[PDB]
Amino acid sequence: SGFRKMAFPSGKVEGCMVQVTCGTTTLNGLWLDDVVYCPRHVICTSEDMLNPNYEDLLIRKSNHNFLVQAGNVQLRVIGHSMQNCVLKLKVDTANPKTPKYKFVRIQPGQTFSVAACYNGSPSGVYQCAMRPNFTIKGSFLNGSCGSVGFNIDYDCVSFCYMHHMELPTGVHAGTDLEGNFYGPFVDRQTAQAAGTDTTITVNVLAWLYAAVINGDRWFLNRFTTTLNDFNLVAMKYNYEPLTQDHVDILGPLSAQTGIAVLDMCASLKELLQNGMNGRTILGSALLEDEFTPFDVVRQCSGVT
Amino acid sequence: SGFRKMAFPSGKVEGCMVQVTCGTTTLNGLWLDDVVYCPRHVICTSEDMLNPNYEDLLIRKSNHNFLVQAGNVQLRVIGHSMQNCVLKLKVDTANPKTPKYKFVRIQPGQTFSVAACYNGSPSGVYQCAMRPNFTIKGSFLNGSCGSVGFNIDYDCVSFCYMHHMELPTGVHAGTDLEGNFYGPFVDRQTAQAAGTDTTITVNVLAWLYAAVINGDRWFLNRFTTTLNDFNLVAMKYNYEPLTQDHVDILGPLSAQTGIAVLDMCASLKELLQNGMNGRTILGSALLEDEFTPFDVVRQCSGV
Ligand SMILES: *[C@@](O)(CO)[C@@H](C[C@@H]1CCNC1=O)NC(=O)[C@H](CC(C)C)NC(=O)c1cc2c(OC)cccc2[nH]1
Ligand SMILES: *[C@@](O)(CO)[C@H](C[C@@H]1CCNC1=O)NC(=O)[C@H](CC(C)C)NC(=O)c1cc2c(OC)cccc2[nH]1
């Protein structure tokens with residue numbers, strides 16, 4: 001047993017990380033087949049990033065202005081195009097380590113693994129949750145842009161995040177692999193502020209199902225509730241409202257424990273309104289919200 | 001900026017994990033060069049695991065009794081030996097993906113990355129610390145035996161742990177790659193307790209420095225303490241004593257923040273006597289002790 005913040009094995013993503021450089025600006029890129037994906041601001045000088053006109057900055061760039069390196073080995077750029085805030089660079093070599101992959105735009109509350117990369121070399125792996133305000137509580141240093149977030153189902157790597165920005169509050173913002181930012185952020189060198197964050201309700205409920213599975217079930221009450229009533233109450237406590245998809249992904253945990261989702265909602269609502277009464281859940285007085293229902297099942301039944 | 005429990009990239013280890021089956025028992029193995037290391041209880045049966053005479057059970061085994069699968073290929077075992085609790089399976093093929101590696105014995109309070117594997121296929125990576133009582137608080141299910149813990153220095157993988165056991169308390173026990181258990185544990189099917197679990201003081205202080213580097217300072221105070229007077233209080237709370245080496249290792253963090261180590265100790269002493277009320281540090285409601293000073297320096301340098 002045991003419950004930990006767990007990342008996916010990073011080997012399949014490691015073989016795809018490369019370094020992209022324009023002039024002196026360097027960051028990370030994702031090499032899949034014969035295309036490298038990286039943040040478009042690599043074409044900016046330090047001064048350009050303050051108020052960049054990317055369309056104009058890109059028209060002054062040719063394939064030969066782009067330095068793409070796998071390690072110290074260069075991959076000649078034979079084509080380039082801009083898709084939203086991501087740059088796509090066609091290279092003359094298909095990545096022999098390209099895994100089965102796809103690009104996905106995740107929802108708030110969903111978790112993914114981040115391969116922290118520097119100069120095209122991953123340095124650490126850790127799991128992140130997309131906060132409801134479209135930030136992630138990551139750990140990123142200078143030169144980390146281009147780091148990607150991913151999940152692995154079966155043998156297919158689903159890329160969902162590429163790093164771009166650190167906010168003044170210390171949290172982080174980025175895009176999907178199609179260059180579309182998560183949240184209302186832009187790739188400018190400007191102090192941008194995210195919206196007020198909230199607790200990921202679906203993940204809190206998954207954490208409660210995790211407790212029940214392990215014999216910690218003192219919090220189960222005899223009431224039930226409607227989805228609408230719970231949402232209205234949940235927002236009064238800074239909790240995100242549940243969707244139909246939330247109820248459905250809680251299905252397996254509901255069937256495994258025999259506790260209907262709306263019953264657990266009624267239990268969680270009582271915890272929100274009355275507190276923990278000096279008690280703990282899974283050895284904690286804090287309600288954990290960065291464990292998705294899939295993380296709970298995967299850690300109560302290790303799948304690979 | 002930011003601070004997160006973070007493991008090393010697992011690619012180099014993934015290319016080394018294999019599946020080892022003996023009779024009706026399957027677990028993970030580590031394929032380096034022409035040898036596959038795994039827990040020796042894979043040779044045991046249901047009745048053997050209760051009190052196995054491993055030397056007795058091992059000699060009655062043949063190379064063909066061992067099914068070593070590396071993906072869709074089966075490796076031919078051409079030799080079997082035993083080094084303490086680690087069974088060594090010689091194979092006719094050397095692992096092409098063998099990286100630069102060494103076998104090291106981790107010290108208590110030090111951290112390592114764990115590649116949790118099942119049926120020779122890794123499924124998750126997370127960081128652990130070797131607790132003073134020589135257990136680790138991991139996440140392991142049935143079939144996780146053979147999983148390894150490691151660190152990576154440059155291009156060298158330092159293997160330091162192989163998983164064997166989950167104690168009745170939910171914690172986990174294992175060996176180094178020489179088959180020597182961490183702690184007073186034994187690879188038999190018995191319920192085993194560990195010593196009293198003390199807190200890794202130097203790690204808690206590093207983690208306090210990380211909180212300051214990241215904008216958290218509500219726990220600081222104007223007071224200072226001597227090393228001994230802090231250790232008096234710390235030991236009273238089942239905290240490991242702080243040594244001058246620990247003080248020295250914290251230097252970089254103290255310089256970066258401008259907070260003397262003994263000033264942080266005065267803060268920790270207050271936290272231990274008053275508690276945190278309802279407040280949290282770096283999002284946690286407890287004092288985290290599984291971050292080493294090096295972990296903090298690596299994530300907070302320049303921040
Ligand atoms: C390996 O997977 C075994 O091949 C591993 C799995 C454990 C159990 C689920 N999570 C893990 O980490 N180890 C064992 O099953 C181990 C086998 C050898 C004898 C060392 N035994 C235990 O972990 C074990 C035995 C007992 C026990 O007795 C019976 C009473 C309480 C707890 C306990 N754990
Ligand atoms: C990339 O590595 C640069 O390519 C970098 C990642 C950060 C470095 C430290 N931690 C990180 O996550 N990204 C940036 O530097 C971006 C670049 C934009 C998209 C052009 N900008 C910021 O992170 C940034 C700018 C400002 C700011 O202004 C100036 C004010 C406050 C915060 C802030 N962050």
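Residue numbers start from 1 in every chain, and the chains themselves are labelled A, B, ... in the order their sequence lines are given, proteins ahead of strands. Quick note: numbers below take in every heavy atom, side chains included, and nothing from hydrogens, waters or symmetry partners. Whatever order the structure lists them in is the order used to number ligands and atoms, beginning at 1. Method of determination (from the header): X-ray crystallography, 2.2 Å.
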Q. At ligand 1 in this PDB structure, which drug or drug candidate is present?
A. PF-00835231 (bound form)
Q. What is PF-00835231 (bound form, ligand 1) bound to here, taking the chain with most contacts and naming it as UniProt does?
A. 3C-like proteinase nsp5
**Q.** Chains in contact with PF-00835231 (bound form, ligand 1) (heavy atoms under 4.0 Å)
**A.** B
**Q.** UniProt active-site proximity: PF-00835231 (bound form, ligand 1) and chain B (heavy atoms, 1 Å)
**A.** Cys145(B), 2 Å
Q: For PF-00835231 (bound form, ligand 1), find out whether one of its N or O atoms is nearer than 3.5 Å to an N or O atom of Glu166(B).
A: yes
Q) By UniProt annotation, which domain of chain B makes up most of the contact surface with PF-00835231 (bound form, ligand 1)? A) Peptidase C30
(Q) Within PF-00835231 (bound form, ligand 1), which atoms have a heavy atom of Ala191(B) less than 4.0 Å away? (A) 27 (C), 28 (O), 30 (C), 31 (C)
Q: Say whether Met49(B), considering both its backbone and side-chain N or O atoms, lies within less than 3.5 Å of an N or O atom on PF-00835231 (bound form, ligand 1).
A: no
Q. Which of the numbered atoms in PF-00835231 (bound form, ligand 1) are below 4.0 angstrom from a heavy atom of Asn142(B)?
A. 9 (C)
Q) Per the deposited model, what residue and atom form a covalent bond to PF-00835231 (bound form, ligand 1)? A) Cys145(B) SG
Q.
Pairs of nitrogen or oxygen atoms closer than 3.5 Å, one from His164(B) and one from PF-00835231 (bound form, ligand 1): do any exist?
A. yes
Q: List the source species for chain B given in this PDB entry.
A: Severe acute respiratory syndrome coronavirus 2
Q) Is the shortest N/O to N/O distance between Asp187(B) and PF-00835231 (bound form, ligand 1) below 3.5 Å? A) no
Q. Based purely on interatomic distance, does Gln189(B) place a nitrogen or oxygen under 3.5 Å from a nitrogen or oxygen of PF-00835231 (bound form, ligand 1)?
A. yes
Q.
Any heavy atom of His163(B) closer to PF-00835231 (bound form, ligand 1) than 4.0 angstrom?
A. yes
Q: Ignoring angles and geometry beyond distance, decide whether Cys145(B) reaches within less than 3.5 Å of PF-00835231 (bound form, ligand 1) through its nitrogen or oxygen atoms.
A: yes
Q.
With heavy-atom distances below 4.0 Å as the criterion, list the atoms of PF-00835231 (bound form, ligand 1) near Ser144(B).
A. 2 (O), 12 (O)
Q) Which residues does the binding site of PF-00835231 (bound form, ligand 1) contain at 4.0 Å, with heavy atoms considered? A) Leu27(B), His41(B), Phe140(B), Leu141(B), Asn142(B), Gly143(B), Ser144(B), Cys145(B), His163(B), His164(B), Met165(B), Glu166(B), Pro168(B), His172(B), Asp187(B), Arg188(B), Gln189(B), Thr190(B), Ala191(B)
